Structures are given as C-alpha cells and as structure tokens.
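Entry featuring salinosporamide A (bound form).
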Amino acid sequence: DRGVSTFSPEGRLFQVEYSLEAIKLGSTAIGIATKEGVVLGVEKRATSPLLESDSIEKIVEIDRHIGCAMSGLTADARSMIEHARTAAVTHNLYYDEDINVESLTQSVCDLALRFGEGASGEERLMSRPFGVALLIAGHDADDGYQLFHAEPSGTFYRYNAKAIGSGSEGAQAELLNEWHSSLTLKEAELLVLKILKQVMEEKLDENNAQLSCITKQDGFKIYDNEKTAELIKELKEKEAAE
Amino acid sequence: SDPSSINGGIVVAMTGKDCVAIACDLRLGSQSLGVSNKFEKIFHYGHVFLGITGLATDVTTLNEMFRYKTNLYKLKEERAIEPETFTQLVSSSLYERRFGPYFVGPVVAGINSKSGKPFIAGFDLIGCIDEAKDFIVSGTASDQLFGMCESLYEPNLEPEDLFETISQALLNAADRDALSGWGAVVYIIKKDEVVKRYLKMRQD
Amino acid sequence: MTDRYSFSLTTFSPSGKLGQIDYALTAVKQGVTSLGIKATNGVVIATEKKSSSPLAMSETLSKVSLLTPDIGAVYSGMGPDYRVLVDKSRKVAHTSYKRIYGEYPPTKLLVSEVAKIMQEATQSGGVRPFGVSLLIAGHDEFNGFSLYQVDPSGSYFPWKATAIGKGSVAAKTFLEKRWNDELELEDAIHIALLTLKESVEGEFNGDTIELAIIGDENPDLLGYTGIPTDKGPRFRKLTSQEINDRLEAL
Amino acid sequence: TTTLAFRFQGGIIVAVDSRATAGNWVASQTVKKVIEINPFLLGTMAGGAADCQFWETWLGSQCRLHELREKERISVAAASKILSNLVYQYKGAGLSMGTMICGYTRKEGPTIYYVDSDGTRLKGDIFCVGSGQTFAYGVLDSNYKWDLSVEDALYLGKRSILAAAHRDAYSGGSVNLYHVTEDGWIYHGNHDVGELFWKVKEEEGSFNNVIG
Amino acid sequence: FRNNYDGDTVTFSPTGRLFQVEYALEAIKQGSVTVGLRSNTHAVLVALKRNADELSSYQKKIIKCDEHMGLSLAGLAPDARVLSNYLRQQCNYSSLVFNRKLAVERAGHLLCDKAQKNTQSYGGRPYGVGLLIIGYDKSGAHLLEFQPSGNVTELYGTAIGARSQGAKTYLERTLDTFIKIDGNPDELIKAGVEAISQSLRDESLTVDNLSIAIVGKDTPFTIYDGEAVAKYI
Amino acid sequence: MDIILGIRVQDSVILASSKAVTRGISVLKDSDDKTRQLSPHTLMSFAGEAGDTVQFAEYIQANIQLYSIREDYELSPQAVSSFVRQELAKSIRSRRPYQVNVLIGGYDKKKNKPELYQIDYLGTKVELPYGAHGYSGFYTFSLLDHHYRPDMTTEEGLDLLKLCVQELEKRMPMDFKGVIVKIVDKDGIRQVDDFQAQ
Amino acid sequence: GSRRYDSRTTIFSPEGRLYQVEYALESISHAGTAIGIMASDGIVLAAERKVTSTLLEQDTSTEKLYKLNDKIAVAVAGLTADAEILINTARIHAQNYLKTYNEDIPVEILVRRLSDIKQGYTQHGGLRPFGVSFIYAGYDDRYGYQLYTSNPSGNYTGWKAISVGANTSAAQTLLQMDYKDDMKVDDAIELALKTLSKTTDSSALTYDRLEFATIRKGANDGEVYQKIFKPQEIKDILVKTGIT
Amino acid sequence: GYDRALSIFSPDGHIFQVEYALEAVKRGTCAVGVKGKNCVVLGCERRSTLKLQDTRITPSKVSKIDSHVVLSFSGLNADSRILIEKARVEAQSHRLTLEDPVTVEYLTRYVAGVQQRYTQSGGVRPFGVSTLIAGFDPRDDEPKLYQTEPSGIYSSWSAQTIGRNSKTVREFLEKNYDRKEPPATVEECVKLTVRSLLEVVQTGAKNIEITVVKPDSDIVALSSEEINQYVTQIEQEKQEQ
Ligand SMILES: *C(=O)[C@]1([C@@H](O)[C@@H]2C=CCCC2)NC(=O)[C@@H]2CCO[C@@]21C
C-alpha cells in the first residue's frame, strides 16, 4: 500500500489532510475571545430523539483557567483531554503555579504528529493522526484571555474568534464581520448563539446547543440549560427588533 | 533458620522380594509446636510413589508440580511414567533450581511395570540421585533411620516381612526425634496391588 | 534492518487452500524418490544418491541421517531444508527430552517435535514452509518399530510402508503388492531394493543408493563396554559393499 | 513532633506543633506540619518532612485529576488509599511518614484516616502521631466527647498539643489549628507555645509544678 | 514513472532521485518567506509571519536556540520545533560538558546528520521544513541554510519560502554593501527588511506581521515583534 | 502478634480475631476487624506485617470476586484455599514476600460441611478442626484438644472459644482488646456482636 | 519496505466479515466429518478419517480424537498440525487450573480459553488463523455432560448433537431428524454411525476409516471414563449396528 | 512486532476499518434496552440459522460486569468476550482502589476507551461490536442506559437498539416511548421491550430473552414462560381490534 506518513507531491501529509476532512464532517464549534472572557459554544447534534442530549459532552474542562471544545471524531479527543489535564496538573505540582494557555496548547499539539509504523525520530506509537480539531480557551496573567485552534497537523493558531466543524467556512465569515476588539462577554454569548443557529441544521434551542466561558474571576464554567435558554430568548428578541 | 528443620518429618523406602515399601510419619509442626497429625508425605502418580521430607510448603508445591508433569507425560506418551524415568524427571526438576532450591528430601519407590524389577531412589535438595538397592532415608531423623535400617535390614524379604521391618525402622527412629511422629503410614507395593497401613504409635 | 516481516507469508485463499503449503508439496514432488518399509523386526528407509556431478563425492552427502541411536530420517524435496531440519531435530531430542528424562525420545514424540517445527514455518511471520517431506523410522521400548511421514503442513502419519517424491505413486503401488505383516527385516530390505530400482534411471549399486535400517542393537557400535543395560544403537546405515551383496540376489 | 486529629459533632479538629529537630538541634520552631491537600482535605505530617511534604502535595495533584475526570469531589477513603497504595509501593525503601488524611464529604461525613510508611491505613475517630503522641492522648482521651462544641473542640486540640509541647523535647514552637467542615477547612491561627503556656497556666490553674 | 518511486524515502527513482525528499522540499516553497543576512559584527533574521484569518495570529517563525544562536523556519512548524529543540539540547550539551558555546558550523553538521537519518530508513519521513540559522561564535557572525534533504550551507545572506527568489537576487546584488554594515545593527536590519520586501506581492509588511531577530558581538540573540519592529516599517 | 483463632464445629466455622492495632508505644485502635469476606460462604482472617496484612487480604478478595462474576459461581472453600496457598508460595520466593498468616473458614454448599484452613506466610496449608497463628495456639490448643467434639453446636463452639479467650486474657502479656467473632455456615457469614460478655 | 507483501490477515471486508476466518472455515469443510452426540448417560464422539491406504498404520494412528483431560476430549476437523498446537496449550491450561484450585477444570472454562486464543489471531498479530474446528466432549460436576464447538473465529456454542467438517448441512439435518432428549449412549453411538454412513463421500463406511470415543460414567464405579475405541472395537460396533 | 496501520484515513476522511466494524454490528442479532422509572430492561433476539442447541450452556447475550451492571451487544461474539473480561476486571480494580463499585457511566467510558484505542493502534483491527450497558449507580435508584460503538463513541439513551433491523425497532421506540411518563412499572417496561422486538423477531418465544435490572444489584432474567406470557397478552392487544 502506502506509508501513513508519506508526503503528497505537493508537500502535504496525506493522513493529515484526509484527517482534516473528517473534521469538516463534525458538529460545529465556535469560540469568541473578549477582554471580559472567552466564550465557547457547540452544536450537540444528537442522532435520535431517544438520545439524552445532556450526555453529549463536547465542551470539557482542562483546568480551572482552561477549557476546550471539540469537533470531529470526538472519541479521538479523550486521550487528548487526559493528556491536557495531566499536563496542567503536573505543571502545577512542579512549579506551584498555573500552566500558561499557550504552553498547555503546545503540549497537546506535540502528540499530533506522533503517528506512523516506525518513524525514525523517537517512538511514535499511534497508527493514525487524531480525527478531531480542538478549540482551547483560557486565561493567564501574561497574555490574558486566549483562544487557540489545535489541529491534527500539530500546528495551533491563536484567534480572536474561530469556528470549526461542518458550518465553519460560513460561520467564520460571519465572525469576520461581527468581531471587534471591544465586545462584551454578553455580546460574544449572543453572537455565538446566533452563528450556531445559522449553520445548524436543527432549530437551535437549549437542548441541542451548549455554551460555556472562562473568566479570570470564576474560571471555566459550562452554562446549564436554563441559563442558555434565557440567552436564546434574548437573541430572538434582539433579532426581531430589526 | 534451617528450612529443613522447621516442619519435621521422615520418609523411608525399602526393597524386598518382588516388592517395595515406602513409609512416613504424619507430623507437621512449627518448631516446637505440633500443628497437624495428618500431613502425609507420600504421593503417587500411576504406580510410581514419591515421598518428600523437608519444608512443608515445598513438599506441597513439588507434589503439585509432579502431578502436573506426570499428567502431561501420560497424555503425550500414552502410558504411565516408570520409576527410573520419574527419578530422572525429579532430578532435573530439582537441579533446575540449583541456586534457589526447594528444601526437600525426595524418595522414589515403585516397580517397573514391564520388567517387574523393584526400584527406590533418593535425592539431595538439588537433585543428586542416590540409587541404592536396599533402603533410602530422609528427614529430621535420618541419622536414626540409617542406624535402624543398617541393622534391621536383610535382602529379599517377603511383603509381610518387609512391612514389619520398615515399620520398626520408621517407628523407633521417629521416637528419638523431637520433630517426628504423631502418626505413621506404610505402603507395601507389589506389581498388582498396593496396601496402605496406618501404624499405632506414641503421640508425644 | 530488523526483520520487519512479522506477518504470515502463508495465508488462506478464498478456496480454502494454503498456497505456500501446496507449492512446498509440489517441490517435494520433483524430488528424488525415497521410501520406508516396516518389517516385524525392523524398519528400512532408502533413497537414491543423485550425484549432481561425477566430480562430487557422493559419500560426503548423506540423505539418510541418524537422529537418535534408535531413529533415522530420509527425505524428498529440498536438501538444504532437510539438513537444517536434522540439526534442529537432533537438538530437540536432547533439549526437550534427554535433558529432562535422561533417555532418548520415542519415535512418535520426536516426530511430533519435528512436525511442530514445520507447522510453525507455516504460520510464523516472515517465513516460508519447509520444502520437504520426511520419512522417520525408529524403535523404542514401549512402541516397538515404527515409520512416519511428515509433510510441509506439519502433518504426520504412521505407515507400514510408503514412498515419497518423483515416483511415489508407482512405488506406493508396487509396495502394496509385496507387503504383508510377516516380513522379516531382510525381506523388507529386498523389497526396498526392488522398489527403488524402478525409480532409478542410471547406475544402481551400493554407491548410488543410500539405505539404513532400524533393527537389533549393535553392541559393536557402542564404543565402550561395562554397562549391561547399554547394548548399542539400533540404527545402522548399510555399507556400499553390504548393498551390492544383496543386489546380486535381486 | 506532635500531631492529632479527632472527629466530633462539628466535624474534625486538626492540631499540630511546629518544631523541627535534627538530633538535639532545633532546626526550626516555625515549621508547617499540616498540608492543605485542597480546600476540603487536610494532611498532617510526622516523621520525614520531605517524604510527607512531597507525597502529600502529590496526593493533592491526584485528587484534582480525579475531580476533573469524574466531575465529582473525591472521597476521603479514596484520597487516603491513593497515598496509602503509593507508599506501599515503596515499602522497604526507607520512606518515613506517619500521617492523618482528614476530610468532610457528604457521602462519608467527618472522616480521619491514619496512613504511615509501613503501609498501614486505619480509619478512626481520634489519632495522635509523633514523639509527643502519648502526652496528647492523655489530654484527649479524658476530655473527648462527641458532643463538644466547635469552640471547645478547638481548645481541646490546642491544649493537647500544649501538653506535648511541654513534656516532649522534640515538640514545641507553636500550635496550628484547623477546623474541617463539609464546606471546607477553616484555619484557626498560629499559637506560640511560649505565650500560650503562661496564658493557659494562669487561666486554667494547671501546670502548677512550673513556677510562673 | 514517479508514482512508482515516490511511495517512501527508501526508494531511488531510475534517475537517482528521492521524490519523498523532493516533496518535502515542496512544503518549504509553500511556506512564508524569511530572510537572513550578516555583516562581520552581526547576523539578522527577518521573517514574514503568515496569518490564517484576520481573526487569527501571525504564526511565529523565529526560534532562539541559545544566547548566541537561533533560526527562522519555512514549512511544517512542528518539524522546526523538533529540530530547534534538538539544536537547543546540543547547545546546552556543549555548555554543560565542555563549558564551550557550540560553533554555528558544528550546529549545521548536527542538523544535517539528523535530517539525513530520516531519508535512508523505512518508516520515517523527511522533515518538511527549511531553516535559516544565524549566530555569533568564536569566529564571528554566521548564517546557515538548512534543507530537509540534509544539505546545510553557510552564506552571507539568503531567503527561503514563497517568492524567496526576489529577496535572494536583491541580496546577491546588495552583497558588497550590507556585508560591511559592521557596528550598526539598525542598518543591517533595514537591509534585511529591504530584501524581504523584494518577495512581497500580496500585502505590505505591517507591525503584527513583521518579525525580526538579531545576534552579534555584544548582542545576545534577541527577537523583536510588533511595536518593537514599528521603527523599521 | 495478633490473635487469630478458628474452630470448625458441626455445621459452621467460627473465627475469632483480636481488635487491637498497636504501633510501638500506643494502641491506635481497639475495634479493628482482621477479616475479609471472599465470597458469601467464605471468610478469611489474617495477621502479620503492618501493611502487607490488609493489602494481601484485599488482593485475594478482589480475585475471588472477579472469579465469581466471570463464572457466576462460588468456588468451593478448598478451591479458594489452594488459590491462596499458591499466592503465598509464590510470594515466599519473591523480592519482598508477604508476611501474612491466614485462616480460611468456609461452608461448602455442595458438600454441606464447614471447613477450616490454616495457611502461614510460607504457603504451608493444613485443614483442621481448629487452628491459630502466632502464639495463640500455645495457650489455647490444650483447651481445644480437651473439649473439642466433631458434633458440637455453634453454641458449644462459642462457649469453647470464650474459654480460650479467657485463658488468653489471663496468661498472655499483651492486651489484645478482645476479639470479634464471626460465624460462617450454610446461610452465609454473620458477626456475633455480643461477645464482649456472652 | 515490507508492507508490500503483507496479506493483512486481520481486516474486515466491506460487509464486515473476516476474510481469513471465512476462508479457513472453507478449508475445514473439506476435512473428514466429525460428530458429537450427547446422551443422558454419556457422550459420543465419532470421526471419519480423511484419506487412507492399505499401508497406513491404523493401530498407531490418531488424527481426529484427542484427550485433553481425563474428563475432556475433542474431535478435530481441519489442519492436524494446527490442532496439535492448540491441543497442547489446552492441556497445559487444564493443568494450571488443577494446580491452582486443586479441582479439574470446568468444561466451559477450558473451551472459552481455547476459543479466546483463536479469537486473538483474528484481531491482532498479522498471522493466519488456525484452520481448525473442535468438538469438545467433557464432563464436570456443575453441568455434567457437555458438548461444545469452536471454529477459527473464536466463537463457541453448546449442543445436544453436532458435526464439523464436510457435509455438515446433510449431517445436521439427519441428526436433527432422529435425535431425542432421552437418548442413551448406545442409541447415540448408533445414530452417529448412521449419520456418517449417509454423509461419507466414500463407497462404504469401514472401521479402518473411523475413530470412536465415548465418555461415560460407568455405573459400577461412580467416576467418569473416556474410551477411545480400538480398531477391533470399532469393527465390532460397526457389525452390531448393522453396517457390517 | 506486527504494527501495520490497519485503521487509517481515506481521502474523504473516513476510517473504513471502523466503518466496516459497524457493518459487522448490523449483521449481529438485535439488542434493545429501555429504562423505566425504576428499572432498565434488556432484550435480545436469538438467531435460528441452526437449532438443536443446549440453552443451559450456550453463552447468554446479557453479561454481568458487576452485581449492579449488565452488558449486552450486537456484533462479533468472540470480540465481545474480550470487552466483557476487561470490563469485569476494571470493575474489581475500581472497587479495590476507590472502595466503591463503578458508576454505569464510568464502566461505559472504560469500555468505550478500549474500543477507541483499538481504532488507532498498530497491528489491530477495531472491535466488531456495539454495546448497551445498564444498571444503577451505587446507592442510587435512577436507572442508567448507555451505548457504545466501534469508533469508541458513547452516550446515554432513554431507550435504544442495535443490530440487524435496529432501524425498524428504533422507530417503534421513537413513537412508543414518552420521556414524560416512562414505563412506571417493571411489567409495562418489559412489555414495551417485548413489543419492540416482535416488530422484527417474527414470532419467537424461544427467540426472545429479557433481563430486568432493578436498584441495589437486583438483576434477574425471565424464563421462556414468563416471556411467552407477555407475547400472548400482546398478540391479543392486536386481535382485539
Ligand atoms: C516530627 O515528626 C519531627 C519533625 O522535625 C518533622 C518536620 C516537619 C514535618 C514532619 C515532621 N520529625 C523528625 O524527624 C524530628 C525529630 C523528632 O521528630 C521531629 C521533631
């Protein structure tokens, strides 16, 4: 056949590219970073009405000051989350402090290209790249609030706002026009709630969508359904307002 | 300290006319404390008999090991193991643990099913085979057993006679050993049948 | 470096055949004929010494090998494969038996050991099956005389008489005609020589034929005396001269 | 060293001394002998400072990891067994630690677990560890009641350490108090034994044998 | 042809080529441009940072390996992290064990040898990134160009990445000029920005878009980004 | 060492174990239960080295429960004891052996008979009407050798033990803080909460 | 590299089937037929020897019936050599169990273990599976007489009567036709021979082409006894049952 | 030694070996689970490609991981055993170290992890199995029902089915299961389960087995009669119209 870490004639790694495709098929995830916190929202997208929506966990906590959202083959994200939680906790044990959001992200991205059938560079025992992208958001004293997009390629970009998943090209275009350096946390919330509604196949309600944020004061929190439902109602009103 | 003097016990085997006998006491103690008066030290796999003195846990482990090995042997060879062969299996199994040996004193007894010839053999803890024609002793009262046997023994005794001889050897030797006694059992073996008799002795 | 062939090279085809075993058997088919016959008091195995050149010294190449003092082997197929199989067999007779029980293994068990070695070359990663079929003849106290055949698959079966290789079909047929359960060793040797003649194209004498027997104990071949229970090997390769003497009464 | 921890109606009282010695040398009179695993768990340190400090801080990291993984507060039983099993892995290596793992969970209520480097893990109501333990036990055993008030309980612990600080040459410095409630532990100050002794003597009338 | 001889680095084509290696080199060309040039007192790295969206950051392209050494990358970022990390260890080793700063020429040899191993064995893949190493050691200022093929060359200046050829011709021209910008970092840096803008086309170098790094005689390898590079735009 | 006693009567096995846990100069606990239920009809008592004691007991418990789930069946007492003997006989020749002695009392539902097994840390196993570990046997065996009868009722067994515990509380130098008694029979394992004065 | 020559013995077909297992089963279907019939007072194992000659030594032969334990035996259908590899490990597992618990291994536990080993070659390792199917006839004190079957996939099931190898469809239909819960060993012995007799691809069904074994609990004893019939014994029972 | 990447990505972003693993599940006998207000019921259908089996010994479809949790599945039988064993082992280890039995979600997340892992490790193919895991968290009375698949993904359901014709039976459940009023009885819950299976089992008294799980390790499997009784009362519900 062909090696799992082979280069295409264009200078790209097949498996990594094909990986990005699976990610495109995943549920939408959006992140907005403001000077008042970072918001992270996702599309639950249950496959049947019998599936209990709240058992869908696409937004998880890394540490009190770091949380993340996922899009793609979600099962592939578990070992990534584990590695992240361990990395942040370990850092605290060694340095009696919080791990910087960038550092935590870089650690996760280090697993990324550790795949192959015997690549001469160490002992990368993992048959294929991860099939899921991650939005890592957090806060730290040196660079305040931050949003990162970690891909199976091993590269991670910092964004003021970013969307990954099925409705990303569309949603990202929206974020391009909506984002500005002075958004309030509440604005970002509605804004994320709004874009999700535009790209989601289903009609967005507090059961097929979920919000969350991370603030320096209270850290990472996942908004419960009641809290979001109200924010949803508030959006419908401001939209019908003009 | 001495793994061979913790539990106590003895075993003795003798050859007679077209027969062999193997006997042992039934004591199992923890130094001065008597713990069991039913710890038999004789086992058999087919028509081959094995007595074992020494550290009780090893006596138990070795029996379990030889059962295991003689079982597979039967399944592959499609016949029961013979005295001479088992003796070699015992030897090599013990030597395999040359630098971390089982603290035991094995004794093999039986009659070759094809030649009818009687057979007994002893081993040190690391497998050295002692193949005597007369008798073999083992245990905390082995010195006494050597004395008893050397005097009481004579060649070609009949089954009924060898029984008396081996029993008197075992009995009087055990009574001069603090760690032996509390019961005894004697096996009289012939080509066709094997009788097992429990003896009556002091219980102190 | 490092053998990275950790997967089987012999696998099942849709028809359920195991290709490499089949091909190996085909290689056996092209090999020089060899045979074995069991008598009431012995066994004989024989083959043809197909000298690959007149400059070659046929004696320096034995197709009939002693595995234990009471067991011998002969084959048909790839000579180099046979040679290593004999080395491995002689060693396994020791490591898995003599060093444990203090005596040589009985024919069926040693055969079983060889068979296992062959079966593994049929499933282990990175290898091909052995391209040979062996005929092993031996004797042991509780089983008497026996003759076995071991094929590339690792399968083995007991025979009264049989042949393998080039003219196996013809030879097997000729054997079925002359074999009975009352043959004496000499009779089997005779029948063996006749059977082998039909398979030989050119010269047929004690220098072109290789033949051994599993029979009585040869105390003269022990090398020492003093131990009553040690009487000598039962395996004995016949000499060029010994064969010719019997060819005259052909 | 003298450390104690006891269970009662209002939760758990934890009191320790703060002296560090190497032979007859007093290395410190202001050492911390209580590790704040996290806001709900406390650990006492007796024996080797490095060993206790290191593994109890590590315990903290393992508890945190548990709560992230199970989205639920770790039980005192479970936290104590993590330490216990770690320590048991090193049995024979020379670790030296006598410790009390204390917490208040909804599921268990007030819970104290004694854990030492021999691998021993014991659940109990009252525990005293250290070269001053016997002194503290004397005071504790005769005044302990399950229905003690949080105020009196705190004092009993403080007094028990005081008794030990006085008689045990390897105990003293100051007393560190802690009250453990289901909502977390509450620090109750650092009481210099020096001043505490004279004060207690006068107000209580005890320590009559000492001239003040 | 090619298709049958490009499935892995362990295969030579009928003409003696190594396609996987060549495909790797392709990843560099697709990378943002970066430039390097040195006088006799300093060495400079000017790199164009590329952004994903206008809501994204401009990926860092310069990495410090020690106080006297550093590099710029073009291609797979992860591979530069690995290679620079290895360079960091090698510099660290030289210091700890021999109390000696690692020679820039020696670093080059070490990078070449690490890259070569990934082009002769089954299973691995060549590194897909180009590197420009600058540093001041016991023999002055230095600039090196590293190619995934394992080829490392010492130069006065150069550029790698998309449209790199612009800056490269400019430098090959300005040579006699900048090679003498001794004792004046600002002049060397400006010359670097002038070479890099020779590869622009899309936009123009902005504040959060330009990245510069310098090292020399009495200047520990330091990196300037944003406001700090404003005085060069 | 602690007190580990066992007596097999007509239809049950009774195990008595001291409640004290002493660490050096002080008795840290006087309510310790030195036992683990291996299965509904099998109980194991233990005494020995500080940490090894419980770690071993719980390790054995885990394995039996796992076997019970996998096979949806309860291993016979004899089976559970051979498993335990082997575990200790392995340990005796390892880097750091388990210094634990145990008594295994179980009711064989298939044979409908109680069984008592004594196994020391070396993997020495024996089946007895009654047994003990440590010094305990020294003070009690003469009493059991005297009053023991194969047809004793559970009530008679408890009276014979009480006698043993009294002798122990008289001649033994240490205060083991009384014992916890448990009965194992056809209906399972139950604890005699009233022995502090039975 | 090597990848080029890897058959990939452990992957799924687009239909979710395991190529190798399927092909191995196909291989097994050309193997001599083996029958297993469980009665109220025993179990019967019978097998047809594939390929034979006048010169084949039958007294010293065994290619289908193997003793695993003193209470368990198996009938083989497939590659003999592969079977022997599995049989030996099965024998070792039985003894390990015995030494650990001092009780003979329950029949299902041994079967599940052997099947688990087979299942392994199905999910990892890159090796061909064993071209073997077993019929297990054994007895234990928890379920008494039991009859099991395991194939290349690693699946196993219990039966009152069953067959493996060639013409199993024909054999199964005939068995399902005349089997009765209250059968007796002697009845089953007869059913077995009749079934093989009608499914043979050979002319007649003679003794030299059969192997026979029974696991009974000899009333005059109280223990379990396995009996691997000898040439002459098969020849006899072959006449009695009316097949001469 | 063998570490070939069997589960890799294809151009369209799919992992065929995992995809084909699902196909093996579709082929397996149907399985269903529905949770009542105070229990969970697991139903499985029995094949009939061959019938002359010994039901006493032939491996049952519902397995107990611990005394309070059960696991059923659809797919390769040989594969399910590996998962069941690992799950049973992890159940004991959890009790040994946390001194508390596993929650149903925990046990599920474990099994799922093993599955996910087999989708990106060299030399191994994914599990051709999908599972339904049900039970009651220690000291809790709220019923739990989870489902896992080859990919390693898992989630909880009010009711769910897997295996052949699961498409059919799921529909039945989607228009016969009200989250507002879940089968408030062990009886009416078992009935709804039997009804859902009859949509695909086609008259199979001996082809339908049910297991009822109640709080506090109360688990029991119904007998042919008990079930057959439910079938009977159901065929009448139809005829009576
Ligand atoms: C008490 O246990 C003690 C302390 O020094 C020590 C210090 C900090 C935390 C752990 C406890 N340990 C010792 O080894 C000395 C000598 C006697 O006891 C100490 C005072």
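In the text below, chain A, chain B and the rest are named by the order of the sequence lines, each starting its count at 1. Below, all heavy atoms of this structure are taken into account, side chains as well, without hydrogens, waters or symmetry copies. This deposition comes from X-ray crystallography, 2.5 Å. Indexing begins at 1, ligand by ligand and atom by atom, following the structure's order. This depiction is restricted to one part of the PDB entry, and every contact reported falls within that part.
The ligands or chains that make up salinosporamide A (bound form) in this structure: ligand 1. The macromolecule with the greatest number of heavy-atom pairs within 4.5 Å of salinosporamide A (bound form) is, in UniProt, named Proteasome subunit beta type-5. The heavy-atom neighbours of salinosporamide A (bound form) at a 4.0 Å cut-off, by chain: D. In this structure, residues within 4.0 Å of salinosporamide A (bound form) (heavy atoms) are D:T1, D:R19, D:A20, D:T21, D:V31, D:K33, D:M45, D:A46, D:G47, D:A49, D:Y170.
Annotation for salinosporamide A (bound form): atoms under 4.0 Å from non-hydrogen atoms of D:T21 are 5 (O), 15 (C), 16 (C), 17 (C), 19 (C), 20 (C).
Restricting to residues UniProt lists as binding bortezomib in chain D, the heavy-atom distances under 4.0 Å from salinosporamide A (bound form) involve D:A49. The shortest N or O to N or O distance between D:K32 and salinosporamide A (bound form) is not below 3.5 Å. Considering backbone and side-chain N/O of D:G47, one or more are found under 3.5 Å from N/O of salinosporamide A (bound form). Covalent partner of salinosporamide A (bound form): D:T1 OG1.
In chain D, the UniProt-annotated active-site residue lying closest to salinosporamide A (bound form), with its least heavy-atom distance, is D:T1, 1 Å.
Given atom 1 (C) of salinosporamide A (bound form), the protein heavy atom at minimum distance is D:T1 OG1, 1.5 Å. Counting protein heavy atoms only, atom 10 (C) of salinosporamide A (bound form) is closest to D:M45 O, 3.5 Å.
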